[PDB]
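Looking at a structure with oxacillin (bound form) today.
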Amino acid sequence: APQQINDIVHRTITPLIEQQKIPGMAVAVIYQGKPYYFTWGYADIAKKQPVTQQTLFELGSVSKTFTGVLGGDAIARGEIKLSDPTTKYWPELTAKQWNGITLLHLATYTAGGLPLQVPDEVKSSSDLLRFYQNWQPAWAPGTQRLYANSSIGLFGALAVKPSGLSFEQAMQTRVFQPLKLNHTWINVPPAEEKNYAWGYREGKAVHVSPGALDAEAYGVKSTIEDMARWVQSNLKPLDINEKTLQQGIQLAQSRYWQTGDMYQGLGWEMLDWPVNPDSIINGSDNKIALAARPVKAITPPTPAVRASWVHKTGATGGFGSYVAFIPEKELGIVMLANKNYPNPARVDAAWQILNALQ
Ligand SMILES: *C(=O)[C@@H](NC(=O)c1c(-c2ccccc2)noc1C)[C@@H]1N[C@@H](C(=O)O)C(C)(C)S1
């Protein structure tokens, strides 16, 4: 790294680790397009295994960025349209409240109040159908945003149906492989288990539990190198050789809805750059992140704006992640930690680094 990058990163992240008691962390900065890596602490505290550039972390809800791009790619292939009713792709979904709810609504949390989590009691396919059939919207579609794993997760499952591929197979063949993300996984293979960090929640080593629509909402695991490659791809989609994938990246960074200073993409969320750091820092707090917020439709959606702060936070019980990038500046960061610590501390650290380098 240039010494400048080294210093800004270390003088930001070292205190963050100390204050939040994070056991292990990995950071990548993308600066003028090139990645620089940094690692601290432990992947496995009991086995004294350090964090390396090969360590897998649970991305949690950052997974949604992959789901949003995979959907984008399906739209670009002509397999699905965001304007399609949900019922086109799940004809068993006959309940009247679904009339008017499109794939766009599912993808952008605007279906009318689908809940944050799919209930833990949903264990099978018929349980899932029952859940969505019996869900009662609080709101008309396209009026309020309520962040929901059950919303984007269903989008993900539906989006891959016409391909005939499972979500995991579609993701591997259409996103991970073409982008050379060869250490990024929905299900960690045995060959990579020795690199799979433990997450830490109240001092206990934990991994994410199986759950309905986990793959689509929160189930990706990846290394700091692959995630830097993911930032590079989203920074410069027009360099990707796969046509539909290049377009799906763009579509995921299109602005569909606005609530305050924030625009909703497919998975990604965006703000105009330059950004007021109090907008993003405080906005990342979960009482704000997860609130019911009225949205304004952006009619038609604005294509990916290069002058944007594009970002996503994620957590599992044992991990905390953050990704942000600024396409106009060829600049981005990935922060992966094996403790779930507050979003505002992530975003503050990220902005401190990127603002210094900008
Ligand atoms: C994605 O990261 C989602 N995470 C979870 O639903 C989740 C949690 C959790 C942590 C904190 C509060 C509620 C749930 N534990 O295990 C899982 C699988 C959602 N996105 C996050 C984000 O940062 O956008 C949250 C914290 C808003 S929940």
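Per the PDB entry, chain A residues shown: 4-361, in order. In each ligand, atom 1 is the first atom listed, and ligand 1 is the first ligand listed. So this one's X-ray crystallography, 1.6 Å, going by the header.
- Lab note: main contact partner of oxacillin (bound form) (name per UniProt) = Beta-lactamase.
- Within the 4.0 Å heavy-atom criterion, neither part of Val65 lies near oxacillin (bound form).
- Heavy atoms of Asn289 found under 4.0 angstrom from oxacillin (bound form) belong exclusively to the side chain.
- Neither the backbone nor the side chain of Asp217 comes within 4.0 Å of oxacillin (bound form), counting heavy atoms alone.
- Counting only non-hydrogen atoms and rounding to 1 Å, the UniProt active-site residue of chain A nearest oxacillin (bound form) is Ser64, 1 Å.
- Checked against UniProt, the beta-lactam-binding residues of chain A with a heavy atom under 4.0 Å from oxacillin (bound form) turn out to be: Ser64, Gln120, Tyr150, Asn152, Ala318, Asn343.
- The deposited entry places the covalent bond of oxacillin (bound form) on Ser64 OG.
- The PDB header gives the source organism of chain A as Escherichia coli.
- Of all the atoms in oxacillin (bound form), the ones that sit under 4.0 Å from a non-hydrogen atom of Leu293 are 27 (C).
- Considering backbone and side-chain atoms alike, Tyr221 places every N or O at 3.5 Å or more from each N or O of oxacillin (bound form).
- For the pair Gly320 and oxacillin (bound form), a heavy-atom separation below 4.0 Å is found.
- Remark: oxacillin (bound form) and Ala318 share an N or O pair separated by less than 3.5 Å (distance only, no angle test).
- Close approach of oxacillin (bound form) to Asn343 is summarised as follows: ligand atoms under 4.0 Å from at least one heavy atom of the residue are 10 (C), 11 (C).
- Taking distance alone, with nitrogen or oxygen atoms compared against 3.5 Å, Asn152 approaches oxacillin (bound form) more closely than that limit.
- Heavy-atom contacts of oxacillin (bound form) within 4.0 Å involve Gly63, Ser64, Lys67, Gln120, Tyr150, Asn152, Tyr221, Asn289, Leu293, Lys315, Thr316, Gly317, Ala318, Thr319, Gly320, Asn343, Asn346.
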